[PDB]
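The model below depicts Sulfotransferase holding oxamniquine.
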Amino acid sequence: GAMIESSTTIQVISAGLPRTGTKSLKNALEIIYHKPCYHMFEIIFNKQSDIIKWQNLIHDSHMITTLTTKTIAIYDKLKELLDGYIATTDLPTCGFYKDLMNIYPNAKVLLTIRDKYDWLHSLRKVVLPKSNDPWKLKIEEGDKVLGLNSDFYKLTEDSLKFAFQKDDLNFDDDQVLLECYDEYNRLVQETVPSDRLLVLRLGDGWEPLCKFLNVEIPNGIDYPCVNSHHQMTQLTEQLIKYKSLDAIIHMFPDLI
Ligand SMILES: Nc1ncnc2c1ncn2[C@@H]1O[C@H](COP(=O)(O)O)[C@@H](OP(=O)(O)O)[C@H]1O
Ligand SMILES: CC(C)NC[C@@H]1CCc2cc(CO)c([N+](=O)[O-])cc2N1
């Protein structure tokens with residue numbers, strides 16, 4: 001097809017929870033739009049200074065009215081954080097999908113989903129290990145190497161609570177997490193008009209996404225398949241071994 005000049009503003013809002021193919025989608029959207037897409041990896045690797053800003057936003061967000069003046073101050077902060085990006089995925093953004101829809105009325109919405117038990121397994125291996133899991137200690141050691149500490153974990157927890165609309169949450173309780181997952185995904189599909197929503201199951205690939213976005217399928221490029229828990233386990237172990245990201249970054253070309 002013809003090449004057109006795309007606007008550098010949020011065009012795609014992905015409401016999918018972590019461990020549902022968000023990093024592959026981030027990569028896919030960057031392949032399509034040639035501009036950056038937000039993801040937790042953008043925070044970890046490029047903008048750790050954004051952590052406190054996301055924290056402050058989540059703190060003030062109860063004050064959001066489904067526009068009031070308190071709402072506008074928050075919406076302005078959201079726009080500031082996302083300036084220069086063409087899409088959002090992953091925590092901490094995903095819980096804000098409804099607000100992002102108001103801020104970017106011409107953006108389309110995605111929902112990434114998968115088998116709930118596969119999701120929980122993946123989540124426990126990477127994002128939210130049980131407190132008694134020895135692996136949690138390795139994750140914390142690798143996080144230290146990346147310069148992530150208690151503030152990062154607070155952002156992860158608070159943004160999960162915000163997405164699930166819980167004031168507190170037993171993170172070690174599998175049943176609680178699975179119920180929140182199902183209710184979260186159900187609410188997105190109830191909230192977003194079907195014409196503005198595309199639901200993507202893990203493995204769906206380029207075709208329905210490119211159709212929804214009115215773009216050609218990228219020539220000769222496979223749909224990304226990155227960020228498996230096995231790959232993150234390798235990353236964690238290599239970070240612990242070398243004590244730096246930059247010593248090993250070349251060994252993870254598309255993941256980071
Ligand atoms: N193109 C693809 N096809 C199938 N699974 C994919 C995929 N891209 C990513 N995934 C899976 O999506 C999960 C990562 O999601 P996210 O980037 O949101 O954290 C991983 O699940 P597993 O940990 O079960 O392997 C990864 O394997
Ligand atoms: C040892 C090192 C590999 N650990 C860092 C990890 C890996 C990637 C990651 C991804 C997400 C959501 O994509 C979240 N999250 O939900 O906040 C936390 C983390 N933390």
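The chain is numbered in sequence order, starting from 1. Counting starts at 1 for both ligands and their atoms, in listed order. In what follows, every heavy atom counts, from backbone to side chain, and hydrogens, waters and symmetry copies are set aside.
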**Message:** Quick one: which ligands or chains are oxamniquine?
**Reply:** ligand 2
**Prompt:** Under 4.0 Å, heavy atom to atom, what does oxamniquine touch in the other chains?
**Reply:** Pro18, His39, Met40, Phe41, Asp90, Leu91, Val127, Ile139, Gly142, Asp143, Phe152, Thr156, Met232, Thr236
**Prompt:** Does the N or O separation between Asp90 and oxamniquine drop below 3.5 Å for any pair?
**Reply:** yes
**Message:** Under a 4.0 angstrom heavy-atom cut-off, which atoms of oxamniquine come close to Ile139?
**Reply:** 1 (C)
**Message:** Any idea what organism chain A is from, going by the entry?
**Reply:** Schistosoma mansoni
**Asked** With atoms numbered from 1 as shown, which atoms in oxamniquine lie under 4.0 angstrom from a non-hydrogen atom of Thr236?
**Response** 1 (C), 2 (C), 3 (C)
**Request:** Taking only heavy atoms of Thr156 into account, list the atoms of oxamniquine that are under 4.0 Å away from them.
**Result:** 15 (N), 16 (O), 17 (O)
**Prompt:** Looking at atom 10 (C) of oxamniquine, what's its closest protein heavy atom, distance included?
**Reply:** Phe41 CE1, 3.9 Å
**Request:** Could you list the atoms of oxamniquine found under 4.0 angstrom from a heavy atom of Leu91?
**Result:** 16 (O)
**Message:** Considering non-hydrogen atoms of the protein only, which is the closest contact for atom 18 (C) of oxamniquine, and what is the distance?
**Reply:** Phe152 CZ, 3.8 Å
**For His39, atoms of oxamniquine separated by under 4.0 Å from a heavy atom** = 13 (O)
**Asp143-oxamniquine polar pair, N/O distance under 3.5 Å** = yes
**Prompt:** What's the shortest distance from atom 7 (C) of oxamniquine to any protein heavy atom, and which residue and atom give it?
**Reply:** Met232 CE, 3.4 Å
